[PDB]
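Input: a single structure, listed below in structure tokens.
By convention in this document, chain letters (A, B, ...) are assigned in the order of the sequence lines, proteins followed by strands, and residues within each chain are numbered from 1. Going by what the header records, the deposited coordinates were determined by X-ray crystallography, 2.1 Å. Indexing begins at 1, ligand by ligand and atom by atom, following the structure's order. What you see below is based on every heavy atom in this structure, not just the backbone, and it leaves out hydrogens, waters and symmetry mates.
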Amino acid sequence: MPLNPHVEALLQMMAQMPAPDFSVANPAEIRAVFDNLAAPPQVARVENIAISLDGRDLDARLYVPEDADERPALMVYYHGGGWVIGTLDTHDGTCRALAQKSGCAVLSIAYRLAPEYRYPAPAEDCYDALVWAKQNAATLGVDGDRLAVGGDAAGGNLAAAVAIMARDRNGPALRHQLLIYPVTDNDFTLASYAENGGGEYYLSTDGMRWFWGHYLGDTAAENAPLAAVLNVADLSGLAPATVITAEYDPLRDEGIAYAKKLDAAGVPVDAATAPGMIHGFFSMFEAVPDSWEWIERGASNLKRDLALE
Amino acid sequence: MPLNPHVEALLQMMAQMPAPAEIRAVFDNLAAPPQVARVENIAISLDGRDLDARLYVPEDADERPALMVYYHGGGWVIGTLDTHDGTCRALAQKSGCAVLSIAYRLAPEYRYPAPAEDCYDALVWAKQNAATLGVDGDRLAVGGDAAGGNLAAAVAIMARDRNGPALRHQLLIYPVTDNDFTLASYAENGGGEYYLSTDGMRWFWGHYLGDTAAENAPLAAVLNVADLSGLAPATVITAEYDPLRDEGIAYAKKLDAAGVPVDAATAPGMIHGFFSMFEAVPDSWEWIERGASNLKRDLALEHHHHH
Ligand SMILES: O=C(N[C@H](CO)[C@H](O)c1ccc([N+](=O)[O-])cc1)C(Cl)Cl
């Protein structure tokens, strides 16, 4: 029986990886190379946390990075997955990566998912969770005065909405919003949807129709102000943003767009499209070494806006 | 910029894989660590030393589940709770049993027999502290991959010889059982193009034994133990393109010959370490499932009427 084709593709992929050319095979070197290969990014502590809110319990996970401060700043993170899928486990690597590179604690929220809980519910979970974290800051062991929200894809959509909710509802003061290739609108005619939406690049335009439909259900996009945050008339007074888009992401244009509108309304923004990258690439750092550059970039903005002043 | 070549290689890797509640069931389980209900970082205080441990309790385990005590691989020199986290989650999930992953002390800092005595002592702790762990101390099993399967095999032998915890199973995943590098699979598979090399194994063995000759290390080269009878029923899963294939098979044959019930097979087309590769190689799941299924059978819950 010949080599399993997938094992072959794995071996090829391991072979095209950045050499760690330690000059000699001693136990410390071999250990570092195997840990780099086979373990998720190291953090000091990971705590499975139950968040009891009015009406509902949400699972969450606290990541505390090695060499963080006594009481580090916190970013409350919202996984992506089109408001329909995604778990704490699918984004465990991404949260660890961000925590490691920012030196910030990261609290990842398992908000309730559509269609079971259609739009207003998931964003209310995410907002109520940021509130919970603020009010239980000392109990988590973090500084609730240095708060951020972040998220990828649908999660970036939720983080933008929470930032809006926190400004409108006069909630937790946020030092940053980290938006990683975020969903911002349901206009599927955009250039990048034609260019990138065929399914060739993981995420497809039809996927996004499917997601949006499950999230909104019977609500009209126009009657869903925290869904298409791109359509929010006024984006002034929002937390400083980082908006990283990907070149071959169907969401690229609308994400780029939102960043422009934030910059228009006065919000400080670092905004970049990652060359050669697809949707979901923050989560692909194990196979795509170049993902780390952009992870480091976003975390570097967080580390700056969350500094103990 | 052109599409990133690592990204493009990843994309064709996904494309190379065949095929709301059902949709989540699939996509949540690709490129992600398998979900379990509870994961607890545990410290084990033994005589002379404290070991790190991690307890995995899967979804839909019994009120007081069976326990497999698991020993990671890494040639007795490398590996952590973190490097084998994914593997432990997969086995807990597919078996329905709790899994206790043990961070035994590593060679060359701690040479044979130290890592083995850690692994045995951790089993005895787990049985003694079953109420503390919330598991059923009468439904115990050991397991491990590579040098971890070696340690599991050695522990099953020690538990037998020392009137130690009764074991219902030993799951041995492409185990190291001997340092005979003359064997066929080393010549065929031990070149280095298949992850593990004969040279790698020499290195590991050198670090593990130190000055001690193999002939004086029966709990290391378990293939040189005379009487394997009365040992825990075994699963021994080897890999076609693994240098360790042949000594794994040999150990299985000797288990069987001694009257130990053994499920033994060679995963066709697979390399050393493929149980840990299930995110990239979904066909690994077939073998994970078989191994975990044998665990589940031998760690069977007792009868309870439901009326
Ligand atoms: O023993 C070794 N690796 C073993 C292979 O069994 C280890 O079990 C392992 C390999 C790969 C892996 N992964 O890619 O997640 C995890 C563990 C050495 Cl050759 Cl580095």
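The drug occupying ligand 1 is chloramphenicol. Taking the chain with most contacts, the partner of chloramphenicol here is, per the PDB entry, Esterase. The chains other than those of the drug that have a heavy atom under 4.0 Å from chloramphenicol are A, B. The residues lying within 4.0 Å of chloramphenicol, counted on heavy atoms, are A:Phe34, A:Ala38, B:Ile78, B:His84, B:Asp145, B:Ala146, B:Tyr174, B:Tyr195, B:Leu196, B:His272, B:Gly273, B:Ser276.
Nearest to atom 1 (O) of chloramphenicol among the protein's heavy atoms is B:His272 CE1, 3.7 Å. Listed by atom number, the atoms of chloramphenicol under 4.0 Å from B:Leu196 heavy atoms are 19 (Cl). Closest to atom 8 (O) of chloramphenicol among all protein heavy atoms lies B:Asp145 OD2, 2.8 Å.
Per the PDB, the organism of origin for chain B is uncultured bacterium.
The shortest contact between atom 17 (C) of chloramphenicol and any protein heavy atom is with A:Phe34 CZ, 3.2 Å. The nearest protein atom to atom 11 (C) of chloramphenicol, hydrogens excluded, is given as B:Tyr195 OH, 3.2 Å; this is a heavy-atom distance. Near B:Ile78, meaning under 4.0 Å from one of its heavy atoms, chloramphenicol places the atoms 20 (Cl).
The nearest heavy-atom contact from the protein to atom 15 (O) of chloramphenicol is B:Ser276 O, 3.5 Å. Checking only distances, B:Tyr174 never comes within under 3.5 Å of chloramphenicol, N or O to N or O.
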